[PDB]
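Entry featuring dobutamine.
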Amino acid sequence: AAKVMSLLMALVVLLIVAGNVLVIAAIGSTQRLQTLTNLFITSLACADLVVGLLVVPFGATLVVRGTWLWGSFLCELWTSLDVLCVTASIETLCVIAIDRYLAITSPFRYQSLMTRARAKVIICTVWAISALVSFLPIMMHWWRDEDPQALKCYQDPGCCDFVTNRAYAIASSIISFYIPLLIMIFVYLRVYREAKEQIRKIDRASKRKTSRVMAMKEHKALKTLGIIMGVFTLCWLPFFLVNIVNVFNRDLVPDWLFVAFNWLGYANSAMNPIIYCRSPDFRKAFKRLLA
Amino acid sequence: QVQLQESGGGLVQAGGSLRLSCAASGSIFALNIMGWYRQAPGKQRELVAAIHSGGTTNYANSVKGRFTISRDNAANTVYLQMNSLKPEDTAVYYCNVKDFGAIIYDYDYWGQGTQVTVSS
Amino acid sequence: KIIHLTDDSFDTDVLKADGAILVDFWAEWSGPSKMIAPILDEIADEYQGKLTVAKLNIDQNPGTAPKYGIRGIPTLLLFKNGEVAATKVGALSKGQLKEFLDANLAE
Ligand SMILES: CCCCCCCCCC(=O)N(CCO)C[C@@H](O)[C@@H](O)[C@@H](O)[C@@H](O)CO
Ligand SMILES: CCCCCCCCCC(=O)N(CCO)C[C@@H](O)[C@@H](O)[C@@H](O)[C@@H](O)CO
Ligand SMILES: CCCCCCCCCC(=O)N(CCO)C[C@@H](O)[C@@H](O)[C@@H](O)[C@@H](O)CO
Ligand SMILES: CCCCCCCCCC(=O)N(CCO)C[C@@H](O)[C@@H](O)[C@@H](O)[C@@H](O)CO
Ligand SMILES: C[C@H](CCc1ccc(O)cc1)NCCc1ccc(O)c(O)c1
Ligand code: NA
């Protein structure tokens, strides 16, 4: 079972690094893939890649050994690197939703409105926010709880538990997850509404001669919307729910579950290439890249 | 299978008018762009005009004030009403459909093309 | 197949014993402690060779149970090399118990 658990960490890292390296490669190497949307996808893949190379491996050891082997500084840094990459990943998912919403519903306004220079600013902003919520508060000790038992883990270099004050766990969870989630729900809901509202106008046109039904394309778009919101929420909702719960009633949820829900979130980083890089141009580039 | 059937092209005297018409038979997502592109001999393909499912439009500068794109409210059919034609407009005109059904990316359909020749 | 423990035999039967020993702390007065009796009998046959089921009557042997801090009953302590690897307190179904044993024996 703990033999199975260690095997399961190995494939997680393998999938994350493989997938995300393959995406960045595809985009960087293929002129056809260097679009505006794929700029945001590139930001996402960078974030998830750093999760697989650094965040998850240092994580995997802390489960196996049951203690932090690299001293208090690298604990602090690894914690900051984790928070940064997760925040950048999820906030970038939120920007991709907005991007595709404009491109699908208001494509002509979008082309003049969203430039490559504007997208860079959006991307730079996302990472600057990730940095300021992770590195700034964690290195400067703002994330620290006053509690004596928490303060025992800060003094022990073998302890690298994630223990925060109230303010930080609320604020970081809102900024990394809840605001992005709300924006993703609102945005992708307007796509559904826009599509349903357009089918309504087609039926008004036909002078009571035809009523539209869901075709192949409408079922597929709705499945896609399902996978987008489903996998993102399944993966990160449990952990971020529990993360706020801990700040109030600390005993209620065990530590083995909390960490296991955080591992589920890292799984999303392996899922993202599969979801957001299915384009026929991506499918060609991937074959071309694998000989 | 999606197919695009082009009609309305041909020979016409300069100063005259044509009305292209592309009827898309197949499964298309409600959100989409139907458009006309053209390729003059020894030139690259260029956008003539395009109309989104919503109703917003986009026209090239050369055809502004002359050409008008509109779509059948019921069927997947898009019309380009070309007036004040000039010999410069002579090209193979292609019908294009951008399907947004995958959300993250757009799938493209192209017509075989229809010839339009304007003599002086 | 089940070993029936005493106070004195506990050191030889469990602490010095080879392999994984699943100890049960039962009592004749506890209805929860009786619900596990037939399911442990089935586990002794089905997990033959993979573990040893041991039982200890907490009434007849009051000395053993305080040493490990047994609050309720039935308590199932899974021993390995004279150390306590895992612990489960309360009555279980067969499917719940197999998940505990099958997870803990695969290391
Ligand atoms: C919780 C994170 C929520 C998601 C991340 C959103 C942050 C990006 C916000 C942003 O950068 N802009 C607001 C766009 O709505 C772009 C504008 O500031 C833009 O106008 C300027 O950058 C220049 O283009 C001016 O010429
Ligand atoms: C438009 C975006 C701003 C949204 C509006 C949020 C308004 C609510 C502000 C707020 O929620 N608090 C204000 C005061 O902090 C937190 C308190 O409701 C409560 O959580 C705290 O009193 C305790 O948790 C401290 O132990
Ligand atoms: C490009 C736009 C840059 C905006 C940069 C500011 C980001 C928003 C402010 C902010 O960083 N936080 C919310 C402010 O509370 C998160 C934490 O900084 C803060 O919550 C913690 O420092 C406290 O919880 C510690 O007790
Ligand atoms: C042809 C059939 C195509 C599939 C039909 C859509 C699948 C269902 C989509 C769906 O509604 N969700 C994903 C489940 O698949 C749930 C989310 O919409 C959202 O409600 C949750 O993420 C909330 O927890 C947010 O707080
Ligand atoms: C640093 C910490 C490590 C948790 C952990 C502990 C042990 C492991 O084996 C693996 C992971 N992860 C925090 C994830 C997080 C990311 C962003 C946030 O805003 C937030 O509040 C929390
Ligand atoms: Na520490």
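All chains are named by letter (A, B, ...) in the order of the sequence lines, taking the proteins before the strands, and each is independently numbered beginning at 1. Remember, it's 1-based here, ligands and their atoms both numbered in the order they're listed. Method on record in the header is X-ray crystallography, 2.7 Å. Excluded from the calculations below are hydrogen atoms, water molecules and symmetry mates; all remaining heavy atoms, backbone and side chain alike, are included.
- Lab note - all copies counted, dobutamine located at ligand 5.
- The largest share of close contacts with dobutamine comes from the chain named in the PDB entry as Beta-1 adrenergic receptor.
- Within the structure, the other chains placing a heavy atom under 4.0 Å from dobutamine are, by letter, A.
- For dobutamine, the residues with heavy atoms nearer than 4.0 Å are A:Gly59, A:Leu62, A:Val63, A:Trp78, A:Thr79, A:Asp82, A:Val83, A:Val86, A:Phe162, A:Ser172, A:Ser176, A:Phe239, A:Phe240, A:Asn243, A:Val259, A:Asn262, A:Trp263, A:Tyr266.
- Among the UniProt-annotated cyanopindolol-binding residues of chain A, those with a heavy atom closer than 4.0 Å to dobutamine are the following: A:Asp82, A:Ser172, A:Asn262.
- In chain A, numbering the UniProt transmembrane segments from the N terminus, a non-hydrogen atom under 4.0 Å from dobutamine occurs in the following: 2, 3, 5, 6, 7.
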